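This file shows Enoyl-[acyl-carrier-protein] reductase [NADH] complexed with triclosan.
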There are 4 protein chains.
Amino acid sequence: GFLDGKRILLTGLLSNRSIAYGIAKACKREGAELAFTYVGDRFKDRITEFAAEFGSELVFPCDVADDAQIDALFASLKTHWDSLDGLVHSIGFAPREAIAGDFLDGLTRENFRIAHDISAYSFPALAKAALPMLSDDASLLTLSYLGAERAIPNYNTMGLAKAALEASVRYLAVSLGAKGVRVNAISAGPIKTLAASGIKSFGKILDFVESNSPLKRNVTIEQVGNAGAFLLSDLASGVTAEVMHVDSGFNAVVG
Amino acid sequence: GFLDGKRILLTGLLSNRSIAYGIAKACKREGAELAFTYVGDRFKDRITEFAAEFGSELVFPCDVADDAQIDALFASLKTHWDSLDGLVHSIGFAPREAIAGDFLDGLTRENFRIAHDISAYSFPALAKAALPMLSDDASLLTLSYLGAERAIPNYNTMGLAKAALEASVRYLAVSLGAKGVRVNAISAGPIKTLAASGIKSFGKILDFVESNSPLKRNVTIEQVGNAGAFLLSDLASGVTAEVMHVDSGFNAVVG
Amino acid sequence: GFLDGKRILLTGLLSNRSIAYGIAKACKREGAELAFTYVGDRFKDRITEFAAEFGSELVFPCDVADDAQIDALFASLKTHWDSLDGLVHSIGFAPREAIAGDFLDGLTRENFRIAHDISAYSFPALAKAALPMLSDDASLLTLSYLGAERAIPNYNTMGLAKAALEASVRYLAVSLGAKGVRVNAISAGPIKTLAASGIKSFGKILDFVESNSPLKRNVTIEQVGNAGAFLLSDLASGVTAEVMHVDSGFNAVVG
Amino acid sequence: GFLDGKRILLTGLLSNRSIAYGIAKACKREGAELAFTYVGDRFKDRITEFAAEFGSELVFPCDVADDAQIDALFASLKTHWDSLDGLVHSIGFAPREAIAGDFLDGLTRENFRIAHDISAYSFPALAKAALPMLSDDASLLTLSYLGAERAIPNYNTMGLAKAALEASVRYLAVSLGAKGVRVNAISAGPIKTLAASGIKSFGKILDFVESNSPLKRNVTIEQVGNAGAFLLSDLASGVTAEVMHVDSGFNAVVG
Ligand SMILES: NC(=O)c1ccc[n+]([C@@H]2O[C@H](COP(=O)([O-])OP(=O)(O)OC[C@H]3O[C@@H](n4cnc5c(N)ncnc54)[C@H](O)[C@@H]3O)[C@@H](O)[C@H]2O)c1
Ligand SMILES: NC(=O)c1ccc[n+]([C@@H]2O[C@H](COP(=O)([O-])OP(=O)(O)OC[C@H]3O[C@@H](n4cnc5c(N)ncnc54)[C@H](O)[C@@H]3O)[C@@H](O)[C@H]2O)c1
Ligand SMILES: NC(=O)c1ccc[n+]([C@@H]2O[C@H](COP(=O)([O-])OP(=O)(O)OC[C@H]3O[C@@H](n4cnc5c(N)ncnc54)[C@H](O)[C@@H]3O)[C@@H](O)[C@H]2O)c1
Ligand SMILES: NC(=O)c1ccc[n+]([C@@H]2O[C@H](COP(=O)([O-])OP(=O)(O)OC[C@H]3O[C@@H](n4cnc5c(N)ncnc54)[C@H](O)[C@@H]3O)[C@@H](O)[C@H]2O)c1
Ligand SMILES: Oc1cc(Cl)ccc1Oc1ccc(Cl)cc1Cl
Ligand SMILES: Oc1cc(Cl)ccc1Oc1ccc(Cl)cc1Cl
Ligand SMILES: Oc1cc(Cl)ccc1Oc1ccc(Cl)cc1Cl
Ligand SMILES: Oc1cc(Cl)ccc1Oc1ccc(Cl)cc1Cl
């Protein structure tokens with residue numbers, strides 16, 4: 001495949017419906033060696049099964065809230081890999097009331113801090129931590145959503161963080177571009193995942209996109225996965241600082 | 001003027017070259033009643049002179065880092081005004097190494113938190129706090145910069161925060177829109193202010209914009225001031241969730 | 001008013017519900033001297049009444065399809081005015097099948113040519129013809145629609161033309177910017193006008209915008225009129241190459 | 001490869017330096033069957049060599065200015081293929097004075113018409129003509145430039161046309177989306193091609209992009225070729241109505 005010999009670290013793989021899971025499957029198919037992260041002592045079993053499922057024994061704990069675990073992540077990976085080719089940032093979180101009902105109702109300084117801490121800062125944080133062992137043609141990938149660019153019901157505080165996330169894609173691309181590293185994001189359409197359950201009336205969003213998107217259909221973690229695999233490969237060596245919509249074209253219309 | 005009888009609160013007035021100062025002058029000229037905020041026990045004298053200069057006795061301390069001062073601000077304002085017609089958010093801050101040289105060099109979880117805390121969160125924070133005494137045709141205004149949408153040298157972490165700020169403009173517009181309140185931002189071109197001094201090689205930016213902007217000239221706090229006065233007025237009752245460029249058109253070209 | 005002593009030529013005034021009519025009323029109120037154009041020998045009477053209604057005797061024929069009438073327009077205006085301060089381009093047209101049903105169904109080389117000829121080319125064309133008699137602080141204004149940036153049902157070929165129109169705003173801004181002339185567009189929300197009648201299911205669009213816009217209301221020619229007067233005035237001397245949304249914020253949300 | 005069994009028609013292949021040539025090479029590598037078009041009785045020899053070079057005997061004349069040749073193109077192709085999987089629109093033209101010096105100097109109704117006729121209309125025109133023989137998972141691709149979104153020196157009239165082209169990408173995506181057809185564009189960075197020679201001071205642009213792009217390097221027809229191959233493949237089945245930048249990230253920065 002077009003990822004033969006590429007070593008890729010994936011975050012955010014929580015279940016077999018996770019976006020990170022879709023990307024992992026596509027990357028393995030295209031011939032990459034994978035490494036995974038998990039959050040919390042408990043999930044170690046579930047993620048190891050997933051890793052083994054993709055032919056990997058490399059799993060590392062990393063709660064992006066903790067600077068310690070982040071530095072430890074790449075110190076540990078370095079004992080197995082001396083060169084990192086790909087990094088998949090598929091991580092997001094906000095207190096649930098900050099993504100429910102009215103934007104102001106759920107707004108608190110703490111909710112704001114957490115949402116941006118975990119959903120935005122973590123990307124460039126991981127990048128900075130990985131820099132020393134990044135190959136010269138390395139590719140960094142993150143996941144964003146249309147809510148960053150336009151106001152979407154219930155998305156609220158998460159929207160602000162995503163806007164920051166996308167801005168970081170650009171500033172990262174400039175900082176790491178000299179070395180030859182590319183940084184991109186995929187703005188994915190709605191997908192029924194674990195995290196998606198916390199967004200109020202997510203079903204309304206799925207129905208609406210299926211009805212109004214140009215392709216009249218929702219996207220899959222396979223379609224997002226393939227797009228991700230492409231951006232991580234040398235096929236996209238001309239692409240950086242890009243926010244690529246994988247949403248059946250929904251962003252481009254007025255529903 | 002087109003602001004006769006409007007009561008407007010302005011933050012960020014620090015010196016006579018401040019953007020907030022430009023907006024203040026324009027609003028007064030168009031007939032508004034002004035109120036001001038200052039940071040730190042010390043600046044009370046300097047801001048009181050400015051307030052008097054605009055025919056106001058209303059100055060209140062407000063460090064947007066402190067929830068207490070924010071709640072106290074509108075509690076105090078309520079003893080003078082029972083109705084707030086306008087709110088000007090002209091506030092920004094990041095640790096200086098976070099806006100110097102390389103994006104990653106200046107990136108730390110703390111620098112990130114501070115920048116977003118003060119430059120982004122504070123806007124919707126003030127909005128939420130002012131909501132109870134906001135008129136039905138009230139208008140909220142904030143200041144942003146091209147660095148949110150494109151990667152600008154040295155702007156770094158501030159770019160991420162501004163992106164979040166612009167996103168909050170949209171989500172605020174939806175939340176307060178029902179009541180009839182409008183929320184907008186002005187994306188101002190570079191202006192030699194106090195804060196601007198902290199941006200490395202700011203002079204290079206001024207020269208470049210003057211040379212490459214369609215109008216071949218930099219903007220003034222009077223031009224930003226007038227635009228702000230417009231957006232705060234009923235003349236712009238059809239405008240909300242808008243990021244208006246006041247930058248001599250620089251954003252629309254490739255220099 | 002903030003347009004005292006400004007001489008402004010308005011195209012597109014067809015009925016008292018026209019956007020151009022809204023702009024004219026606002027401009028007169030703020031103290032401008034107005035001049036008007038009409039299409040076809042017949043409408044001369046109706047437009048002269050309107051002109052008189054705004055205290056003007058200056059009406060000139062100008063079918064923007066004809067280079068002759070365009071050059072003649074400013075030759076004639078020059079006999080009354082030696083200096084033009086403002087130009088309002090409120091003109092649009094496409095064959096009706098090109099803005100009905102399916103995009104491809106209504107697509108023909110001729111329909112394409114006409115739509116772009118009248119709706120896009122005419123703006124920079126009028127600009128070029130007016131250049132010799134334009135003041136140094138002159139302001140040019142055109143009207144666009146969200147359909148240029150996103151696909152809107154039935155707008156079809158008109159969307160392509162508007163996209164070109166908005167692009168011309170930018171290139172015009174660069175070309176005339178040196179002299180000191182500003183070029184802008186207002187992206188207006190849906191308004192029940194004569195032309196609007198030709199857009200299939202225009203009523204559905206009005207209802208949708210009223211329901212989903214942040215301000216939960218449609219815009220008026222008065223609100224667009226005021227925005228236009230602002231952009232035409234020195235109050236907006238810092239603004240050029242801008243496409244300003246006057247649509248109750250509709251563009252910024254997902255409905 | 002990921003294009004095994006796909007039948008793709010390519011326009012715009014003029015020299016081994018053409019963008020279409022880069023795309024052709026990448027598609028063949030990934031396993032597609034190719035067909036080519038040429039303009040003018042004369043170039044038939046040169047294009048047949050190129051086609052043979054990619055293992056194809058299918059070349060058809062098509063001057064997109066002529067409705068006749070366009071209809072004849074797909075009538076002829078239908079005798080060899082009963083199903084078209086891909087269409088590559090790599091065509092552009094404007095009278096040379098329309099892309100030299102000042103925007104207004106080169107502006108004439110005729111120059112405007114031609115530029116939009118050949119560079120914008122031709123895309124949806126070809127699409128409509130190909131519709132009857134398009135497969136349900138077909139993918140259409142066109143080439144655009146940053147000049148559509150921002151004012152670039154000398155690009156002038158071409159910028160307007162590209163803006164229209166990108167708008168057509170969106171309306172096309174909606175019209176053909178129901179059937180399952182995807183429509184996308186690649187916004188390519190500057191590449192030294194035949195057409196590029198007609199843009200005044202093209203060398204200045206190449207140097208500037210190489211110096212200021214995040215990757216500090218210009219792009220190749222191979223990099224654009226790969227991106228194009230991706231968008232034409234099922235790997236990108238989640239992507240439509242997208243304008244993908246392949247420009248080393250240049251668009252995302254301020255140089
Ligand atoms: N699911 C969708 O419809 C959709 C659409 C667009 C964008 N996205 C974005 O895609 C990304 C991945 O979400 P998903 O939908 O694949 O979901 P998912 O819920 O299956 O996984 C989200 C992951 O985030 C991780 N995470 C949360 N807080 C963390 C922390 N403090 N430290 C480390 N990891 C943490 C979880 O462990 C989990 O693996 C998120 O940024 C989400 O906003 C999702
Ligand atoms: N100066 C420019 O060229 C320029 C360009 C675009 C945008 N902006 C934005 O305009 C706004 C005004 O900045 P300016 O350049 O006019 O500068 P200025 O330095 O005169 O004012 C900035 C203000 O921020 C205030 N501030 C900082 N930390 C604060 C805190 N914790 N609590 C409350 N207030 C705090 C300061 O007291 C000061 O009054 C900022 O948001 C800035 O990003 C400025
Ligand atoms: N009404 C809306 O909802 C809306 C929304 C967005 C944009 N617009 C834009 O507003 C502008 C004016 O539309 P309106 O709604 O005020 O309409 P209106 O229907 O009352 O007027 C249309 C105008 O087209 C002009 N016109 C047509 N062919 C012409 C030609 N060959 N030469 C000169 N003038 C010609 C006429 O003078 C007429 O006044 C158009 O560019 C339209 O696209 C309208
Ligand atoms: N080369 C660049 O730097 C660059 C960058 C971005 C976008 N583009 C776009 O890419 C496309 C191809 O440009 P290129 O640089 O690969 O160039 P190229 O000059 O080698 O090819 C341009 C093609 O236009 C075609 N063409 C011209 N007039 C035509 C007509 N009347 N009918 C049909 N076809 C006609 C010719 O077949 C020619 O091969 C154009 O749309 C151009 O705007 C080019
Ligand atoms: O960004 C998302 C967008 C959609 Cl449409 C669905 C799920 C998303 O992902 C999240 C949603 C809420 C929280 Cl709290 C965390 C995450 Cl990761
Ligand atoms: O945002 C700005 C943009 C420009 Cl071009 C110039 C000055 C700006 O204002 C600031 C810059 C840096 C910091 Cl830390 C704080 C502020 Cl208020
Ligand atoms: O552009 C418009 C957009 C809207 Cl929502 C309503 C009216 C518009 O104006 C026109 C619409 C169609 C044609 Cl043929 C001509 C014109 Cl002037
Ligand atoms: O769009 C382009 C952009 C660049 Cl940077 C270089 C070449 C381009 O393509 C053209 C430019 C001018 C003409 Cl007349 C024809 C074509 Cl095909």
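Each chain gets a letter, A, B and so on, in the order its sequence line appears, and its residues count up from 1. Just the heavy atoms: all of them, side chains too, but no hydrogens, waters or symmetry mates, feed the values below. The deposited model was determined using X-ray crystallography, 2.6 Å. Atoms within each ligand, like the ligands themselves, are counted from 1 in listed order.
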Subject >> Location of triclosan >> reply: ligands 5, 6, 7 and 8
Subject >> Heavy-atom contacts under 4.0 Å with triclosan (ligand 8), by chain >> reply: D
Original post:
What makes up the binding site of triclosan (ligand 8) if contacts are defined by heavy atoms under 4.0 Å?
Top reply: D/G92, D/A94, D/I99, D/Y145, D/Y155, D/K162, D/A195, D/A196, D/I199, D/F202
Original post:
Which triclosan (ligand 8) atoms are under 4.0 Å away from a heavy-atom of D/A94?
Top reply: 14 (Cl)
Subject >> D/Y155-triclosan (ligand 8) polar pair, N/O distance under 3.5 Å >> reply: yes
Subject >> Heavy-atom nearest neighbour in the protein, as seen from atom 10 (C) of triclosan (ligand 8), with distance rounded to 0.1 Å >> reply: D/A195 CB, 3.7 Å
Subject >> For atom 13 (C) of triclosan (ligand 8), the protein heavy atom that lies nearest, with its residue and separation >> reply: D/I99 CD1, 4.0 Å
Original post:
What source organism is recorded in the PDB entry for chain D?
Top reply: Burkholderia pseudomallei
Subject >> Protein contact to atom 11 (C) of triclosan (ligand 8) [nearest heavy atom, distance to 0.1 Å] >> reply: D/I199 CD1, 3.7 Å
**OP:** Do me a favour and list the nearest non-hydrogen protein atom to atom 5 (Cl) of triclosan (ligand 8) with residue, atom name and distance?
**Re:** D/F202 CE1, 3.4 Å
**OP:** Mark up the atoms of triclosan (ligand 8) that fall under 4.0 Å of a heavy atom belonging to D/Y145, in ascending order.
**Re:** 3 (C), 5 (Cl)
